[PDB]
Amino acid sequence: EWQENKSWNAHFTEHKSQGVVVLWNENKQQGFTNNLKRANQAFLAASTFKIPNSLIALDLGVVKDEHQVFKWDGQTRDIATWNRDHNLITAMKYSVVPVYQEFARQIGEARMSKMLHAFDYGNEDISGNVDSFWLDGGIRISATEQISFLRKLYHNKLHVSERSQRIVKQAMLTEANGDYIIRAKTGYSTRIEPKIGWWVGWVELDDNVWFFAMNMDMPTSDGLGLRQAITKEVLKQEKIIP
Amino acid sequence: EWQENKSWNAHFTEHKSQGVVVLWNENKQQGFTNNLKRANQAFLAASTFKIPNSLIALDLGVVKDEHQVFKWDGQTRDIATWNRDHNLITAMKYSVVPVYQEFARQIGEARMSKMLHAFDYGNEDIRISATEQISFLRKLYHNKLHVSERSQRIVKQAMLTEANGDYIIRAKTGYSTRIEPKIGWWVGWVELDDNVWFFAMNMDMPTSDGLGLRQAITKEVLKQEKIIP
Ligand SMILES: *C(=O)[C@@H](NC(=O)/C(=N\OC(C)(C)C(=O)O)c1csc(N)n1)[C@@H]1NC(C(=O)O)=C(C[n+]2ccccc2)CS1
Ligand SMILES: [Cl-]
Ligand SMILES: [Cl-]
Ligand SMILES: [Cl-]
Ligand SMILES: [Cl-]
């Protein structure tokens, strides 16, 4: 069912890095990874938690639609793009943490936890600050656990409205051309060791969907582009994209 | 409300071509075009019709959703990408006429004519102008058409054409050669962080080798107006 392809490691070593890529061929229900053990190692979800946090917020009406504006609170923050108004689309594109902490507080522990148990999401543990548990709280999720969650999202199978799932898959739009469509969220876990980078989503082809989840050691923010670059080297190595 | 910017004509004649491009800045609610007369001329919609058709099919049930598989009837047509199975996403992409022909049969004239008239589409008794395309497209963007929100969302999904960290383009191509003038279309919009530019262009397409120019000339104009890099 799974299959180890350690060749992929050359892409991590080329860039002097370490991590795991996990691929899943929907048509052939076959997974692939350079490291089956690390594929199942659970880390903080960091901003990949913005997928489930969007779904819940939309489904509870915290977010009415992807046009609703969330005004900047006027607190200038190290991340220049955080210091403006945002709707769901730009908030996900630019991982606007404070916008989603506010979603989190309006959701509340109770519903947050109930929903993560409905979603089957990683270790389902929200314990910590309701508005930071995904950065420095209890929640743990592995790459293969990201793929099970995303596959459900992709078939409108989560226990929230079809519309909610449709609007979140829209906000995940990352890349589209005439060979593929990538829908995906980045993560950068940096408050608790180990420092890692996430990239989770999937690539849509004419006649298949390839779901991916990768994470990798991220000591300094200089390697943040490697998250996507190494994934695509794998996808390009496996002929999923040209 | 409509400014003529004849400067754009150079993007047409550098490619030894004649046409119109129509832009609509949505924030400011102002449009701009290289040719005001040609922007209100109605040409054959050709495949740009696949948009209202997709909506009606969806909102009626001919199409359950964008995953449903429309199997090839085994008849080999000259466009190779038609000679296979397709879903809404790939039938819009490849402009698979015989798939859409079938949608329309199952929709049937009566229902089709009633809805086309509810969208106030092309003619009220198909030809439509570049500026009528924009106006239809703006309602689609805001989910203001008289079909379900779901209908409208799935069609915008199926209109996805290009996306990066500078813009998203949702659009549909069109090409007709039965009748003069032979015209290509490209209609849709480009989404920015805090604005959305609708576009509609058409151009004399006297052969076919210049089909890429529908997209190329449109981007040269978006590039000029600083809307995209
Ligand atoms: C879209 O507009 C479709 N156009 C047609 O199918 C053509 N004619 O339709 C008639 C009946 C004439 C009409 O008025 O609608 C047609 C295609 S080629 C030719 N000599 N007549 C599809 N047009 C698109 C497109 O937007 O360009 C096609 C994409 N394509 C083009 C060239 C080669 C392969 C694929 C296919 S048809
Ligand atoms: Cl979050
Ligand atoms: Cl909803
Ligand atoms: Cl989309
Ligand atoms: Cl379909």
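Read the sequence lines top to bottom; their chains are A, B, and onward. Using the numbering of the PDB entry, the residues shown for chain A are 24-265, in order. Going by the PDB entry, the residues shown for chain B are 24-148, 162-265, listed in order. Counting starts at 1 for both ligands and their atoms, following the listed order. Just so it is clear, the values below take in all heavy atoms, side chains as well, and ignore hydrogens, waters and symmetry mates. Method of determination (from the header): X-ray crystallography, 2.5 Å.
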Asks: What drug do PDB records list at ligand 1?
Replies: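 It's listed as ceftazidime (bound form).
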Asks: What's the chief binding partner of ceftazidime (bound form, ligand 1) here? Just the name from UniProt is fine.
Replies: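 By contact count, the main one is Beta-lactamase OXA-48.
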Asks: Name every other chain with any non-hydrogen atom less than 4.0 Å from ceftazidime (bound form, ligand 1).
Replies: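 Based on heavy atoms, that gives B.
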Asks: Would you indicate which of B/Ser244, B/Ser212, B/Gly248, B/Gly220 comes nearest to atom 12 (C) of ceftazidime (bound form, ligand 1) when only heavy atoms are counted?
Replies: B/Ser212
Asks: Using a 4.0 Å heavy-atom cut-off, say whether B/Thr209 meets ceftazidime (bound form, ligand 1) through its side chain, its backbone, both or neither.
Replies: both
Asks: Compare B/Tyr123, B/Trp221, B/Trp222, B/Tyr211 and give the one whose heavy atom is closest to atom 7 (C) of ceftazidime (bound form, ligand 1).
Replies: B/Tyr211
Asks: Among UniProt active-site residues of chain B, which is nearest to ceftazidime (bound form, ligand 1), and at what closest non-hydrogen distance, rounded to 1 Å?
Replies: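 Going by UniProt active-site residues and heavy atoms, it's B/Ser70, 1 Å.
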Asks: At the 4.0 Å heavy-atom cut-off, does B/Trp105 count as touching ceftazidime (bound form, ligand 1)?
Replies: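 It does, in that a heavy atom of B/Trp105 comes within the 4.0 Å cut-off of ceftazidime (bound form, ligand 1).
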Asks: Residue and atom of the covalent bond to ceftazidime (bound form, ligand 1), if one is modeled?
Replies: B/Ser70 OG
Asks: Using a heavy-atom cut-off of 4.0 Å, list the UniProt beta-lactam-binding residues in chain B near ceftazidime (bound form, ligand 1).
Replies: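 The overlap, by heavy atom and UniProt annotation, is B/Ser70, B/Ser118, B/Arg250.
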Asks: Give the contacting part of B/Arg250 toward ceftazidime (bound form, ligand 1): side chain, backbone, both or neither, where contact means a heavy-atom distance below 4.0 Å.
Replies: side chain
Asks: What would you say the binding site of ceftazidime (bound form, ligand 1) is, if we count heavy atoms under 4.0 Å?
Replies: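 With heavy atoms under 4.0 Å, it is B/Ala69, B/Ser70, B/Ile102, B/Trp105, B/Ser118, B/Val120, B/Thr209, B/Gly210, B/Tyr211, B/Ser212, B/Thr213, B/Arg214, B/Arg250.
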